[PDB]
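Here's the structure we're looking at; comments come further down.
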Amino acid sequence: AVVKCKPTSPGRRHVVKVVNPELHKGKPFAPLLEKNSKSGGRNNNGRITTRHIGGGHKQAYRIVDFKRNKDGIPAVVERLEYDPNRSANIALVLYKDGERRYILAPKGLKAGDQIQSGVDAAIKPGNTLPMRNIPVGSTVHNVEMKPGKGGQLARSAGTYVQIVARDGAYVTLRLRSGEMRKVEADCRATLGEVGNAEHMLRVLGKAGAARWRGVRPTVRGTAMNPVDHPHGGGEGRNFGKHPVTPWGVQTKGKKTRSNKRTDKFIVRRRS
Amino acid sequence: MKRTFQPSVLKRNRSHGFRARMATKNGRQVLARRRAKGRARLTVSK
RNA sequence: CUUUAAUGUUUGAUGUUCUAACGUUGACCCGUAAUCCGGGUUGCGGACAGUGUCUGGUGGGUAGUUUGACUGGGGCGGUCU
RNA sequence: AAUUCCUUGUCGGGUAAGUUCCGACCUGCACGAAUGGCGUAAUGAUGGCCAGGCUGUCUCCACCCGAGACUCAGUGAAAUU
RNA sequence: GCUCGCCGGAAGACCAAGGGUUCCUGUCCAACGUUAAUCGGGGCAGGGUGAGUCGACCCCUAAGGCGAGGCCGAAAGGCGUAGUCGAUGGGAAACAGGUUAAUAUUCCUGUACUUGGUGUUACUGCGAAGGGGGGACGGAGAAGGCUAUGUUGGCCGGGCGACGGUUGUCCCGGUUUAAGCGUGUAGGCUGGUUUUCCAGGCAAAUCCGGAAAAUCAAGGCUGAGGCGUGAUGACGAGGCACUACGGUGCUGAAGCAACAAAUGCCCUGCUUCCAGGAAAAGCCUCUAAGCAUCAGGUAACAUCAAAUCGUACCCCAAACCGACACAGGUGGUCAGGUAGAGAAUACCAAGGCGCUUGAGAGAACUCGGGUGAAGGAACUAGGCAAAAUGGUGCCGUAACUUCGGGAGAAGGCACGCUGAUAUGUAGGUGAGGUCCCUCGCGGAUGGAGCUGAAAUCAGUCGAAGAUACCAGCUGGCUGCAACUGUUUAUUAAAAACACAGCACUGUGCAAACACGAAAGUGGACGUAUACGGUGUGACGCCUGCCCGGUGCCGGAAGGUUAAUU
RNA sequence: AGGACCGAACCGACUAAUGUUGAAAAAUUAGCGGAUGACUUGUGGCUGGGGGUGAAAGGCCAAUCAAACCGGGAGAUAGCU
RNA sequence: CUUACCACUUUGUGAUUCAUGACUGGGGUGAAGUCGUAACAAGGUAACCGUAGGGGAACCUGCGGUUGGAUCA
Ligand SMILES: NC[C@@H]1O[C@H](O[C@H]2[C@@H](O)[C@H](O[C@@H]3[C@@H](O)[C@H](N)C[C@H](N)[C@H]3O[C@H]3O[C@H](CO)[C@@H](O)[C@H](O)[C@H]3N)O[C@@H]2CO)[C@H](N)[C@@H](O)[C@@H]1O
Ligand SMILES: [Mg+2]
Ligand SMILES: [Mg+2]
Ligand SMILES: [Mg+2]
Ligand SMILES: [Mg+2]
Ligand SMILES: [Mg+2]
Ligand SMILES: [Mg+2]
Ligand SMILES: [Mg+2]
Ligand SMILES: [Mg+2]
Ligand SMILES: [Mg+2]
Ligand SMILES: [Mg+2]
Ligand SMILES: [Mg+2]
Ligand SMILES: [Mg+2]
Ligand SMILES: [Mg+2]
Ligand SMILES: [Mg+2]
Ligand SMILES: [Mg+2]
Ligand SMILES: [Mg+2]
Ligand SMILES: [Mg+2]
Ligand SMILES: [Mg+2]
Ligand SMILES: [Mg+2]
Ligand SMILES: [Mg+2]
Ligand SMILES: [Mg+2]
Ligand SMILES: [Mg+2]
Ligand SMILES: [Mg+2]
Ligand SMILES: [Mg+2]
Ligand SMILES: [Mg+2]
Ligand SMILES: [Mg+2]
Ligand SMILES: [Mg+2]
Ligand SMILES: [Mg+2]
Ligand SMILES: [Mg+2]
Ligand SMILES: [Mg+2]
Ligand SMILES: [Mg+2]
Ligand SMILES: [Mg+2]
Ligand SMILES: [Mg+2]
Ligand SMILES: [Mg+2]
Ligand SMILES: [Mg+2]
Ligand SMILES: [Mg+2]
Ligand SMILES: [Mg+2]
Ligand SMILES: [Mg+2]
Ligand SMILES: [Mg+2]
């Protein structure tokens with residue numbers, strides 16, 4: 001549930017949490033974690049590459065496995081876990097083979113359910129399957145860029161992709177961004193919508209939230225001096241300039257998108 | 001108040017020590033520089 | 001032979017199809033009880049993308065500078081032959 | 001009005017008397033809707049105005065206890081010129 | 001040497017960093033101490049820091065660094081695989097007395113402990129750079145139990161008192177004692193065991209993971225402290241004998257109980273929460289190749305080994321950082337008594353000190369304060385500064401409001417001491433006795449003794465009883481900004497920045513973008529409910545009309561147009 | 001529970017006085033703000049100069065900052081004193 | 001003498017009530033001023049109710065509903 005927050009104190013009167021009590025309360029499956037080490041958006045030379053980034057909590061990475069091989073062998077969702085690395089809600093599984101793994105955990109992820117993955121598998125949320133098999137117009141789930149690459153689409157929470165159509169070896173699908181993309185079809189993609197979905201409700205409230213969440217504050221352009229940002233200048237706010245990135249680039253126009261090595265797998269751009 | 005010099009043998013060395021000195025191109029030059037000028041203590045010996 | 005049309009032939013304009021350069025931050029094998037690298041296999045893409053030379057555009061992101069004198073202080077205004 | 005030049009605009013409130021303050025009028029030199037408009041409980045070592053208590057802040061200073069100030073002995077500077 | 005005064009969550013004690021002989025003794029006083037100086041952190045000498053167990057090496061790794069080959073780059077070099085380094089973190093073991101002028105978990109006494117090699121004996125599958133487990137990890141809060149330790153009584157030693165009284169209900173003091181060994185308790189966690197089967201843990205595995213049955217359940221880990229042993233020992237007030245007067249030898253009483261406690265321990269626990277909480281080795285186990293009467297493995301005990309550096313002293317300071325023997329800066333540890341909510345505070349203990357110029361005098365004036373008739377903000381840019389207020393409980397408390405607040409609003413009342421209730425109550429604590437028993441650090445029932453608040457009465461002294469220190473001033477109107485926060489180190493803390501929220505816009509992942517000539521890397525081990533950029537800046541009601549100009553998005557048919565040919 | 005309340009340590013720095021050849025190249029004293037958090041601190045590490053970093057003041061980058069310090073080009077140039 | 005109860009009276013802070021106030025909201029009356037003509041006929045776009053937005057103003061427009069609508073629809 002979302003649940004608001006009593007105006008018990010300032011910077012808490014707005015807070016809008018999001019509790020999914022069905023999430024494991026103990027620690028994670030240790031043998032599937034591995035450090036993390038904050039980066040602070042720094043480069044290999046210590047030079048800050050991406051601004052606003054640092055602090056936050058410890059954050060230990062899980063394992064996930066957006067590949068989903070282990071075919072034919074079924075498994076029952078052991079539990080449901082909370083994941084810091086992603087927005088979605090990771091979920092254990094344990095195959096009948098005796099091996100335990102993680103999964104983003106889609107819509108219907110009731111603890112105890114079963115799931116498979118393979119040319120045969122079964123059209124059902126949880127079961128991974130190569131689009132070459134799954135029906136057309138399905139909600140799908142974690143799509144896979146290249147064949148067997150590992151899946152990198154609709155991974156965030158509440159995300160999903162619609163298999164608009166297929167034409168031979170390629171399958172034209174619709175990304176959540178609203179773009180008409182194409183894929184090798186021979187790419188696993190599982191089924192069902194990614195869990196949570198109600199994630200886009202968190203209000204946070206107090207600044208701290210974002211801060212201890214691993215996000216530093218942001219400095220506006222028309223706030224600093226010229227020598228520091230194209231949006232410099234002072235003596236009374238002012239501006240009389242074109243909205244540009246700290247490097248002189250219309251942050252309201254352009255597009256930057258210059259690949260030409262991918263347009264091929266693109267029909268209708270994000271609108 | 002707090003001055004501008006907080007000593008730390010460990011750091012003092014690995015910062016301007018003959019070792020970290022003989023670690024860079026222009027480093028071994030810094031030495032040779034003195035070695036030529038006949039410096040007493042090359043670089044914070046002990 | 002000229003004014004002009006089918007055949008071959010040549011060469012440009014695009015448009016497809018192909019693989020064999022070229023890419024792959026897909027999947028394996030080996031070097032190797034390695035995540036880099038290299039070779040091999042296969043799949044995908046494919047003369048495209050990319051790069052080099054030349055070239056039109058854009059380009060305070062950056063850089064070198066200019067931005068006059070008279071003037072009953074200077075500026076403003078006016079003046080300079 | 002943190003925007004009003006004329007400006008102490010005018011009127012009302014507070015005063016014994018108010019170029020500040022509060023409430024109004026609109027003749028807005030030169031407010032105005034995310035270089036946001038108007039509000040807004042709580043918050044503030046924030047700006048302005050008022051009051052009670054308080055008092056040497058003041059009328060108008062007086063006394064008192066100490067550290068220098070002065071005398072002695074030892075050491076013994078400075079700027080400037 | 002006797003007084004006096006100051007610090008005492010320190011101005012004490014120990015330690016890291018840093019210093020580097022400043023330590024100690026004996027000497028010397030030129031220069032160095034802001035004075036004198038016989039004195040010193042000064043000069044000159046010697047003397048002085050003794051470890052298997054403390055630490056550093058040393059194993060293990062974090063950040064990050066380095067980096068064979070390798071990939072890049074005019075050169076120099078950049079980057080990075082294997083791997084190797086790198087603590088601020090993980091791995092094994094010593095305590096208590098004594099002693100030196102100065103050393104001390106190092107030397108002496110006593111009582112222990114760890115690990116490795118070699119040997120004797122008993123038993124046995126041993127075997128990794130490998131698999132698994134374990135190490136091994138967050139915030140906050142909520143108890144209970146325990147110790148530290150204090151208080152009081154007992155006990156023992158001493159004391160009968162410069163002035164009224166003080167041999168019995170009296171004053172002073174002490175009342176200590178560790179590692180280790182046994183016990184395994186308050187309490188915490190978890191069901192065990194056998195057999196069978198298997199697409200997992202890169203090979204294998206008896207280990208782990210999974211599936212079956214079968215069978216018992218009182219099993220198995222863990223863990224403060226207590227109690228014994230340590231220890232008829234030590235220490236111990238105190239005497240007796242000696243002194244160079246610093247300090248010596250010998251001898252030695254009691255040495256228990258109750259209650260009260262911790263921020264320490266049980267507690268890497270328990271509850272709960274979202275921001276979801278190092279790594280690796282040691283360690284336990286499993287097998288691999290190998291071995292295959294062997295070697296090894298396990299336990300007992302005997303023995304040898306445990307190297308090498310550090311160890312003086314300062315360490316909130318006159319030994320460090322500040323040019324000074326400078327009112328500044330400096331991380332960790334310990335935490336007594338009275339009163340108190342308490343590491344505030346006040347007075348004190350152990351402990352340490354009086355700050356390296358002093359003697360007088362008692363002028364204006366400056367500095368820091370105490371008190372002021374009457375008035376009470378007339379001061380002044382301005383109530384600047386002062387003065388005031390201050391506690392616990394109870395009564396009671398407005399507009400407004402986001403229903404939390406505003407609110408300790410405001411404004412009041414009671415507070416000392418003595419007796420009774422009650423010879424000390426309510427509570428806390430919990431000894432015999434007694435009961436039984438799985439069974440003993442057992443359970444029950446007993447409620448002695450110990451400790452002990454508040455209240456209500458009546459009385460009583462002062463001007464005053466939150467008497468000191470300490471310890472909100474309050475209210476009303478209004479601009480700005482939601483609020484905590486942040487900022488011009490050294491004139492600006494704000495109306496500035498930032499923020500939660502909002503909107504626009506870019507980005508399909510080898511993302512956009514950014515660092516980089518490149519290789520590579522961050523973004524992100526993220527993937528549009530995501531990441532970047534910009535502007536606004538909670539929340540409420542909203543957010544109009546203009547696309548002519550500039551930019552940006554879409555079109556490109558046509559006109560103009562580069563290299564080239 | 002809380003970027004919750006009062007208040008030490010601890011972090012900070014709003015006011016005044018004193019100092020201004022200071023005890024001190026920013027402190028002392030009496031008040032003052034935050035004090036479970038965007039908290040505070042030890043130890044070590046990574047960002048290097050037109051570059052870094054910056055809850056943005058042109059602030060910090062060793063008492064130095066509208067381009068650090070050191071050495072060199074270098075006896076830069078100086079219609080000026 | 002003293003204590004208790006209590007009158008006058010004192011203080012602080014709310015509640016209610018009437019008066020009043022720079023200005024201002026709309027409402028009532030007023031022979032003959034301006035601007036338009038919304039409604040009553042199909043009132044010349046049928047009218048009205050609720051509601052929302054817009055506008056010098058009656059009003060207009062959108063959504064749903066009613067007939068208390070005219071025609072031989
Ligand atoms: N007072 C009545 C209310 O207000 C309005 O009515 C008011 C006005 O509209 C109306 O004013 C009218 C004006 O409309 C019309 N075009 C001209 C006429 N002379 C005016 O009349 C008004 O002013 C004049 C002065 O000369 C007076 O004499 C007359 O009494 C007065 N009614 O007179 C009323 C003032 O009394 C509403 N129409 C009415 O429905 C409502 O109930
Ligand atoms: Mg600014
Ligand atoms: Mg610029
Ligand atoms: Mg400026
Ligand atoms: Mg320029
Ligand atoms: Mg030049
Ligand atoms: Mg006004
Ligand atoms: Mg607008
Ligand atoms: Mg006044
Ligand atoms: Mg003299
Ligand atoms: Mg010496
Ligand atoms: Mg000495
Ligand atoms: Mg000496
Ligand atoms: Mg490297
Ligand atoms: Mg190592
Ligand atoms: Mg360490
Ligand atoms: Mg007597
Ligand atoms: Mg010592
Ligand atoms: Mg000593
Ligand atoms: Mg001194
Ligand atoms: Mg007076
Ligand atoms: Mg006045
Ligand atoms: Mg004041
Ligand atoms: Mg005062
Ligand atoms: Mg104003
Ligand atoms: Mg603010
Ligand atoms: Mg603040
Ligand atoms: Mg300043
Ligand atoms: Mg300031
Ligand atoms: Mg703004
Ligand atoms: Mg604003
Ligand atoms: Mg707080
Ligand atoms: Mg102070
Ligand atoms: Mg506080
Ligand atoms: Mg540091
Ligand atoms: Mg500086
Ligand atoms: Mg030259
Ligand atoms: Mg010169
Ligand atoms: Mg009409
Ligand atoms: Mg209608």
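Each chain gets a letter, A, B and so on, in the order the sequences are listed, and its residues count up from 1. These values consider heavy atoms only, across backbone and side chains, with no hydrogens, waters or symmetry-generated copies. Only a selected region of the deposited structure appears here, and contacts were counted within that region alone. Start at 1 and go down the list; that is how both ligands and their atoms are numbered.
Considering paromomycin, Orladeyo, saracatinib, dihydrostreptomycin, the drug or drug candidate at ligand 1 is paromomycin. Ranked by contacts, the top partner of paromomycin (ligand 1) (the one with most) is named in the PDB entry as 16S rRNA. Using a 4.0 Å cut-off on heavy atoms, the other chains next to paromomycin (ligand 1) are G. The entry gives the source of RNA chain G as Escherichia coli.
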